[PDB]
Peer 1: 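Here you can see paromomycin bound to 25S ribosomal RNA.
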Amino acid sequence: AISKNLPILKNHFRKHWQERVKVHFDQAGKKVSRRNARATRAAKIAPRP
Amino acid sequence: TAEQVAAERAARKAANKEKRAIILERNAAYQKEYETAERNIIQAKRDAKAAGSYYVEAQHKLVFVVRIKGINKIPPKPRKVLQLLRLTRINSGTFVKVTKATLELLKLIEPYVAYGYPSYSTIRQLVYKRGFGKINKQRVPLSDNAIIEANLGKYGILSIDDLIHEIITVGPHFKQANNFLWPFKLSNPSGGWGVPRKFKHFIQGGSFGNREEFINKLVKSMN
Amino acid sequence: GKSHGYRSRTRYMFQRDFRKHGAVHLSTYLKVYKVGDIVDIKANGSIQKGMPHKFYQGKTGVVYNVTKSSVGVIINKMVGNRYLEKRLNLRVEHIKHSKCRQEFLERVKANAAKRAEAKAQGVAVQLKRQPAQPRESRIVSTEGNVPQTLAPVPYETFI
Amino acid sequence: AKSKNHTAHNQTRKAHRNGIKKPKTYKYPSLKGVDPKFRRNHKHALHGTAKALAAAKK
Amino acid sequence: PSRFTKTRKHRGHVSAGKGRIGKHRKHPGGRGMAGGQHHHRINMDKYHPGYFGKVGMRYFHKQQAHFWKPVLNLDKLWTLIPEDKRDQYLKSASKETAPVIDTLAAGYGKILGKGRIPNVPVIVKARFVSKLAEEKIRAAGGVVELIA
Amino acid sequence: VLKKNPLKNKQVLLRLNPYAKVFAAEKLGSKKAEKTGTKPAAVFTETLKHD
Amino acid sequence: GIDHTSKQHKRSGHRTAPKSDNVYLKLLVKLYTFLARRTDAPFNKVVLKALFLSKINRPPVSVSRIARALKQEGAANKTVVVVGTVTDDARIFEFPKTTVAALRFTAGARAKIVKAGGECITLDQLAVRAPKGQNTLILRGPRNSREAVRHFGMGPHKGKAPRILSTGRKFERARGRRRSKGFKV
RNA sequence: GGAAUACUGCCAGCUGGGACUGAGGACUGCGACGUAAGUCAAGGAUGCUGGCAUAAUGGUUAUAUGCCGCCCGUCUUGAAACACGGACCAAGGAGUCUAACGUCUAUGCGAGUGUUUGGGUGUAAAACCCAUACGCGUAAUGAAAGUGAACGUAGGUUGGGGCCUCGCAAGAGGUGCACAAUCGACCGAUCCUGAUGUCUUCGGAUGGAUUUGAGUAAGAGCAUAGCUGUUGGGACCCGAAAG
RNA sequence: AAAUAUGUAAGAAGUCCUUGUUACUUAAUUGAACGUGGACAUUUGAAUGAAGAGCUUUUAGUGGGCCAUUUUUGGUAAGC
RNA sequence: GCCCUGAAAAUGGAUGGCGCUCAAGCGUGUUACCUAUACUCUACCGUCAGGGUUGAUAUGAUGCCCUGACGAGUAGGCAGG
Ligand SMILES: NC[C@@H]1O[C@H](O[C@H]2[C@@H](O)[C@H](O[C@@H]3[C@@H](O)[C@H](N)C[C@H](N)[C@H]3O[C@H]3O[C@H](CO)[C@@H](O)[C@H](O)[C@H]3N)O[C@@H]2CO)[C@H](N)[C@@H](O)[C@@H]1O
Ligand SMILES: NC[C@@H]1O[C@H](O[C@H]2[C@@H](O)[C@H](O[C@@H]3[C@@H](O)[C@H](N)C[C@H](N)[C@H]3O[C@H]3O[C@H](CO)[C@@H](O)[C@H](O)[C@H]3N)O[C@@H]2CO)[C@H](N)[C@@H](O)[C@@H]1O
Ligand SMILES: NC[C@@H]1O[C@H](O[C@H]2[C@@H](O)[C@H](O[C@@H]3[C@@H](O)[C@H](N)C[C@H](N)[C@H]3O[C@H]3O[C@H](CO)[C@@H](O)[C@H](O)[C@H]3N)O[C@@H]2CO)[C@H](N)[C@@H](O)[C@@H]1O
Ligand SMILES: NC[C@@H]1O[C@H](O[C@H]2[C@@H](O)[C@H](O[C@@H]3[C@@H](O)[C@H](N)C[C@H](N)[C@H]3O[C@H]3O[C@H](CO)[C@@H](O)[C@H](O)[C@H]3N)O[C@@H]2CO)[C@H](N)[C@@H](O)[C@@H]1O
Ligand SMILES: NC[C@@H]1O[C@H](O[C@H]2[C@@H](O)[C@H](O[C@@H]3[C@@H](O)[C@H](N)C[C@H](N)[C@H]3O[C@H]3O[C@H](CO)[C@@H](O)[C@H](O)[C@H]3N)O[C@@H]2CO)[C@H](N)[C@@H](O)[C@@H]1O
Ligand SMILES: NC[C@@H]1O[C@H](O[C@H]2[C@@H](O)[C@H](O[C@@H]3[C@@H](O)[C@H](N)C[C@H](N)[C@H]3O[C@H]3O[C@H](CO)[C@@H](O)[C@H](O)[C@H]3N)O[C@@H]2CO)[C@H](N)[C@@H](O)[C@@H]1O
Ligand SMILES: [Mg+2]
Ligand SMILES: [Mg+2]
Ligand SMILES: [Mg+2]
Ligand SMILES: [Mg+2]
Ligand SMILES: [Mg+2]
Ligand SMILES: [Mg+2]
Ligand SMILES: [Mg+2]
Ligand SMILES: [Mg+2]
Ligand SMILES: [Mg+2]
Ligand SMILES: [Mg+2]
Ligand SMILES: [Mg+2]
Ligand SMILES: [Mg+2]
Ligand SMILES: [Mg+2]
Ligand SMILES: [Mg+2]
Ligand SMILES: [Mg+2]
Ligand SMILES: [Mg+2]
Ligand SMILES: [Mg+2]
Ligand SMILES: [Mg+2]
Ligand SMILES: [Mg+2]
Ligand SMILES: [Mg+2]
Ligand SMILES: [Mg+2]
Ligand SMILES: [Mg+2]
Ligand SMILES: [Mg+2]
Ligand SMILES: [Mg+2]
Ligand SMILES: [Mg+2]
Ligand SMILES: [Mg+2]
Ligand SMILES: [Mg+2]
Ligand SMILES: [Mg+2]
Ligand SMILES: [Mg+2]
Ligand SMILES: [Mg+2]
Ligand SMILES: [Mg+2]
Ligand SMILES: [Mg+2]
Ligand SMILES: [Mg+2]
Ligand SMILES: [Mg+2]
Ligand SMILES: [Mg+2]
Ligand SMILES: [Mg+2]
Ligand SMILES: [Mg+2]
Ligand SMILES: [Mg+2]
Ligand SMILES: [Mg+2]
Ligand SMILES: [Mg+2]
Ligand SMILES: [Mg+2]
Ligand SMILES: [Mg+2]
Ligand SMILES: [Mg+2]
Ligand SMILES: [Mg+2]
Ligand SMILES: [Mg+2]
Ligand SMILES: [Mg+2]
Ligand SMILES: [Mg+2]
Ligand SMILES: [Mg+2]
Ligand SMILES: [Mg+2]
Ligand SMILES: [Mg+2]
Ligand SMILES: [Mg+2]
Ligand SMILES: [Mg+2]
Ligand SMILES: [Mg+2]
Ligand SMILES: [Mg+2]
Ligand SMILES: [Mg+2]
Ligand SMILES: [Mg+2]
Ligand SMILES: [Mg+2]
Ligand SMILES: [Mg+2]
Ligand SMILES: [Mg+2]
Ligand SMILES: [Mg+2]
Ligand SMILES: [Mg+2]
Ligand SMILES: [Mg+2]
Ligand SMILES: [Mg+2]
Ligand SMILES: [Mg+2]
Ligand SMILES: [Mg+2]
Ligand SMILES: [Mg+2]
Ligand SMILES: [Mg+2]
Ligand SMILES: [Mg+2]
Ligand SMILES: [Mg+2]
Ligand SMILES: [Mg+2]
Ligand SMILES: [Mg+2]
Ligand SMILES: [Mg+2]
Ligand SMILES: [Mg+2]
Ligand SMILES: [Mg+2]
Ligand SMILES: [Mg+2]
Ligand SMILES: [Mg+2]
Ligand SMILES: [Mg+2]
Ligand SMILES: [Mg+2]
Ligand SMILES: [Mg+2]
Ligand SMILES: [Mg+2]
Ligand SMILES: [Mg+2]
Ligand SMILES: [Mg+2]
Ligand SMILES: [Mg+2]
Ligand SMILES: [Mg+2]
Ligand SMILES: [Mg+2]
Ligand SMILES: [Mg+2]
Ligand SMILES: [Mg+2]
Ligand SMILES: [Mg+2]
Ligand SMILES: [Mg+2]
Ligand SMILES: [Mg+2]
Ligand SMILES: [Mg+2]
Ligand SMILES: [Mg+2]
Ligand SMILES: [Mg+2]
Ligand SMILES: [Mg+2]
Ligand SMILES: [Mg+2]
Ligand SMILES: [Mg+2]
Ligand SMILES: [Mg+2]
């Protein structure tokens, strides 16, 4: 309902949002593996920058 | 150092010896002051009787009020009054200077208290046994005139009988001399209240009202 | 249905006195009101314009404004627990001149003139008022007045 | 169903706990609701009596 | 954390802190902003006046940065000159070699008129300056150059 | 630490009001008073005993 | 039983030590608690109380607020005391010398205090130089300048500002905000 | 006519019996008795004698006796109720997490603040490090085009702690930050006046105004965090007839 | 025309003396406010009390009530 | 005045109960006496308030010490555990 003196918020969570939710636990491995993916490119690509 | 602190002590010891002389002075002068006055009044009655006329005494300037009712179920206006007279607890009492200002504070309070005109003894034994004083809150027993003088000294009143005098004689500093006094915590009457039922007026059933001189027999038994 | 409109219940209240009616005399119009004046509020039924609401009848306040035909009066009324500040725009037929403070001035002024008597003599002042007192001892003369003694009267029917 | 309608019971009590306050007055009250052409001219009477002390002190 | 939370204090007391008469139900009053015009009227006026209805004019496909005018005041100004040089330029007070301050390249592009500045002159490179701003720059013996 | 009660415990009776010593010595709570011979006006016994 | 004319077992609203755990802050208090007790100096009492204050009650005292206070007549040379952190203000230009005893000084504050040739004293140093706090000028930052204090007491006709998340038109300007839509406030 | 006696009242008059209590733990106090040495009942019990280790005494527990004591939990104005749940025991069993927030508090830095989108780096989800941006704050106000905060030591009057001057003091004088009341100035909006100029309709100087703003007037904020409170969420737990 | 209940005052923000401002006001140095400079404290201007005075933010529960004396309405009355 | 008539209801039954007749009844007076978680005095626990104190010499400055007042509680809040 509506009480006290508080700004009106808008929270769009009526939609089954708990279905589409992405945590990034992979931020580590999606970097460690984002590096190794670049590291071996330049390897395979040889002096080119 | 041994001489220096000895100088404070040897002089202070002498300051007190003389400060106690000021007292014996006054209290002996107080003893005459009362002894003559009552003797005056006692005589003036007899004279007027020999003259055919009647000595009509001065109405009483000083009254002692002990609250005989509990703290429950009291109407607001009496309830506020009992607080302003500093009786918030059963069987407690204060002194009141009689004036048509405070006289109306009584009589409005009449349902919840018994009161009357206290004697010298009654005041003396009330202050001697039950006498306390107010120093930054802090209910403090008057065990020494130093306590009194430290506080009531700015008014005179360096004795405990200086307090007693300033009360019974009323007089200029009675407001602060009486207000200095903590309200008197008293026991129930030793030997009962004399009535069956307290909350009929003294004239009808006993207690609860102005019993005039009969306040002394009561208060003394509550002491 | 309940009826709460502005002047309800004022029937006897806004009535003019028995054998006083019609035009209001000129002392009312000829009075001067500056700011700070303490005025008593009593409505007048003959004058409908600029009259107090029935509440402020009997109340006394300090005029905060002076206009052509009226004076604004600030009054203190309680709502819930507090006093808010009401200010009324009232005409002069509804305004008295309060005698509450008037004597206090005649008190101060007499107090300062009795101060010069302790300045020119040096006796004690006794300025602040003291309430009525226990009285005093006296002697009542039996000369020419000897107490006459009464008893209670019996019962008898008077009709 | 039917129930209570109104009462003032206990309201004096509630309004005396923290209650009844006081008008909390100050010196120099607000001028709210005073004649405009007083409070207009009153500005310039004070605007002018300013310069009087913007001279005297030097 | 939980061990700090009052609902551990309430273990053992019937009804948590929620009351015996009114309990804690699902949705008394209705979910969300329901009834703002009716039973919540008193709360929408008082703490959110103006909440209902329309005011003014719409804008279709409005894109900010058509409006971009970060605001800067003579109140600052000289901050845009690095600290040490700021000294000797204030010491100079020259109409011959005088410091150049490019406001737009400094994160800005409207110069306002708040607050006093020294008599030391400034070359103000800007766009959109306020009338009182400039005139106060003329008191320092300096100019404004409009750019884009 | 302990309030003692000048109505008993002579020591504190003397600690306050040193006049107590005199008062005791002189009796003075037993003080006799000068005898008077005054007799009431015969009107006063007329009213008193009257009716 | 007593009829109580005031509420039993009520505690006074004032703090005693701070709520902060900072071990150095707790020491400065141990200092100035001792000071305020064994002196006649009222200044020590004042500083002691101000040591318990909360970051909302110790708003930053700007250097320009210090400067203008030295332009006070007769206070020119006094060492000024701020029981909270002191901020730099670029808005001034010529800033006098003095010395300023505070808890903390921002980097700009400190360095620019010394450019004018003045000291940043730390509160115990100030205590040793001035055990009775003599020739000291105490300064306070504004506590009603705060954001949250703008929304306090938000009624009809109170001209305060509402708790509001976005802002612009479309947001709380229509019904109740003008005579044209509903009423106005 | 001279007492006596009753009655009421005062004595800082003298004495006998009983009861409960012995808190404190060097000395500091106020006193009293003293010619004095000194003594004391004077800011809280010491002296003396006896009795007890197969134990006196104290704890628990069972039983008895005197008096007392209705079943909890719940709703309710009112329950022991002829109101509802509960035959018993063990285990399980109900205000959570999330996103956005209000007050308050602690902390970092402060006219700024936020490393963690990303990059570097690594003893590899850690820790350490960093460019460009971005977010919020540093300007408001109009619906909008727009315009955009110093007449004055950033004001006047009245209060104000602290600091200062003389004063034993008591007071007095001085400065007066936060803060309170109030009179002003300033920025925007609204209405009014409409200058020098202009390509004749542009430009809007100056000066008013019971109008107005979530503004200015030697900045306070940004960030991580705790309790409590708000909303969206299965949303304290269990429960419909239905669709 | 009561009783009871009820608004106001009992001071240093006081009572006065003088005379500067203004666009208001007057026949007008008439006023009105607001100032400048100055006269007076010692019961500082009733009693009584004050367990301290003022201020701010936030937030729980509650929003079925019932009883006694008294005043009181409907009802023959009621544990209405 | 007291008492009597007036004065008829359903299980057996209630001045609370036995029972009381110059009362152990009714009206009135005067004293003694009994005992509440109330009043007075004191010990102890806690809460709130005021004051002293690391000038120290260990072992706690959130301490140690002195003083005064106070203590009902559902829904509910907060604190210390
Ligand atoms: N407003 C959006 C964002 O909200 C964030 O909110 C953070 C806090 O406000 C929030 O705290 C909530 C609190 O709001 C709420 N009223 C009480 C709750 N106990 C707190 O939650 C906290 O404690 C719980 C219990 O251990 C933890 O599990 C939780 O991770 C922790 N944040 O935890 C949030 C982080 O998970 C931040 N305020 C900020 O990043 C930003 O404002
Ligand atoms: N009359 C001496 C005065 O001393 C003042 O300064 C000293 C003291 O008088 C004053 O003491 C406090 C004061 O801090 C506080 N803000 C008010 C407080 N009433 C004052 O206390 C004063 O009054 C109380 C009560 O009567 C007395 O117990 C105390 O001895 C006395 N100094 O604070 C200073 C010491 O800390 C002022 N210099 C000035 O008013 C005047 O010179
Ligand atoms: N600082 C970041 C910027 O902030 C903006 O918001 C700030 C301002 O731009 C915004 O003001 C709006 C503005 O959005 C819009 N384009 C024009 C409008 N007239 C302005 O509104 C202005 O006046 C209204 C009353 O009319 C006030 O309510 C409002 O506070 C005021 N800023 O109000 C905010 C200041 O209070 C944008 N919301 C945001 O997207 C952007 O990133
Ligand atoms: N009942 C008399 C009262 O006197 C009061 O007057 C008090 C104040 O107005 C007056 O204060 C003056 C102040 O006006 C002036 N602008 C500064 C001056 N230093 C102050 O002086 C006062 O305070 C200082 C500082 O603590 C003390 O040293 C000094 O003793 C004291 N007179 O000092 C008086 C207190 O001594 C008020 N006018 C009012 O509350 C009331 O009329
Ligand atoms: N309007 C300008 C103002 O006029 C003021 O003067 C006008 C009044 O205020 C002034 O009157 C003074 C008054 O100021 C002061 N406070 C009291 C004094 N009793 C008055 O005096 C007045 O009464 C006396 C007789 O009682 C007459 O003789 C006299 O003419 C009359 N003006 O007399 C003028 C006309 O009545 C002052 N000069 C000054 O404040 C200012 O210049
Ligand atoms: N101890 C019994 C006494 O009688 C009282 O109660 C009495 C009344 O309840 C009852 O009186 C009723 C009357 O109400 C109803 N009309 C029926 C019956 N015939 C009457 O009975 C009466 O009879 C005559 C008078 O009529 C009397 O002499 C007689 O004493 C009385 N009992 O008779 C009871 C016994 O006399 C009380 N129980 C008690 O307080 C009192 O002490
Ligand atoms: Mg009398
Ligand atoms: Mg009294
Ligand atoms: Mg009288
Ligand atoms: Mg007995
Ligand atoms: Mg009895
Ligand atoms: Mg009896
Ligand atoms: Mg006795
Ligand atoms: Mg006794
Ligand atoms: Mg009607
Ligand atoms: Mg009439
Ligand atoms: Mg009449
Ligand atoms: Mg009309
Ligand atoms: Mg209904
Ligand atoms: Mg009903
Ligand atoms: Mg209802
Ligand atoms: Mg109805
Ligand atoms: Mg409260
Ligand atoms: Mg816990
Ligand atoms: Mg619990
Ligand atoms: Mg339980
Ligand atoms: Mg509960
Ligand atoms: Mg349960
Ligand atoms: Mg709760
Ligand atoms: Mg429940
Ligand atoms: Mg509810
Ligand atoms: Mg909308
Ligand atoms: Mg004791
Ligand atoms: Mg108690
Ligand atoms: Mg301010
Ligand atoms: Mg402000
Ligand atoms: Mg407004
Ligand atoms: Mg916003
Ligand atoms: Mg419309
Ligand atoms: Mg309309
Ligand atoms: Mg004879
Ligand atoms: Mg004879
Ligand atoms: Mg006798
Ligand atoms: Mg003897
Ligand atoms: Mg012992
Ligand atoms: Mg001795
Ligand atoms: Mg001797
Ligand atoms: Mg001797
Ligand atoms: Mg000796
Ligand atoms: Mg032995
Ligand atoms: Mg046993
Ligand atoms: Mg039983
Ligand atoms: Mg139930
Ligand atoms: Mg039910
Ligand atoms: Mg029911
Ligand atoms: Mg209930
Ligand atoms: Mg009912
Ligand atoms: Mg039950
Ligand atoms: Mg039943
Ligand atoms: Mg049920
Ligand atoms: Mg059941
Ligand atoms: Mg069943
Ligand atoms: Mg079951
Ligand atoms: Mg069952
Ligand atoms: Mg079973
Ligand atoms: Mg938060
Ligand atoms: Mg990894
Ligand atoms: Mg940035
Ligand atoms: Mg303009
Ligand atoms: Mg100008
Ligand atoms: Mg000012
Ligand atoms: Mg001032
Ligand atoms: Mg003095
Ligand atoms: Mg225009
Ligand atoms: Mg202008
Ligand atoms: Mg600001
Ligand atoms: Mg909170
Ligand atoms: Mg289900
Ligand atoms: Mg289904
Ligand atoms: Mg359907
Ligand atoms: Mg003039
Ligand atoms: Mg008092
Ligand atoms: Mg609330
Ligand atoms: Mg509610
Ligand atoms: Mg309900
Ligand atoms: Mg009923
Ligand atoms: Mg009933
Ligand atoms: Mg009945
Ligand atoms: Mg029968
Ligand atoms: Mg029988
Ligand atoms: Mg009986
Ligand atoms: Mg029988
Ligand atoms: Mg029988
Ligand atoms: Mg019996
Ligand atoms: Mg009898
Ligand atoms: Mg007997
Ligand atoms: Mg007990
Ligand atoms: Mg303490
Ligand atoms: Mg309790
Ligand atoms: Mg309680
Ligand atoms: Mg409890
Ligand atoms: Mg509970
Ligand atoms: Mg514990």
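We name chains A, B, ... by the order of the sequence lines, and we start the count at 1 in each one. Computation of the quantities below employed the complete heavy-atom set of this structure, encompassing side-chain atoms and omitting hydrogens, waters and symmetry-equivalent molecules. Counting starts at 1 for both ligands and their atoms, following the listed order. Only part shown; contacts counted inside that part.
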Peer 1: Quick one: which ligands or chains are paromomycin?
Peer 2: ligands 1, 2, 3, 4, 5 and 6
Peer 1: Around paromomycin (ligand 5), which other chains have a heavy atom under 4.0 Å away?
Peer 2: I
Peer 1: Can you see any other ligands or ions closer than 4.0 Å to paromomycin (ligand 5) in this structure?
Peer 2: ligand 81 (magnesium ion)
Peer 1: Taking heavy atoms under 4.0 Å, what residues and nucleotides bind paromomycin (ligand 5)?
Peer 2: I/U18, I/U19, I/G20, I/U21, I/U22, I/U29, I/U30, I/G31, I/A32, I/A33
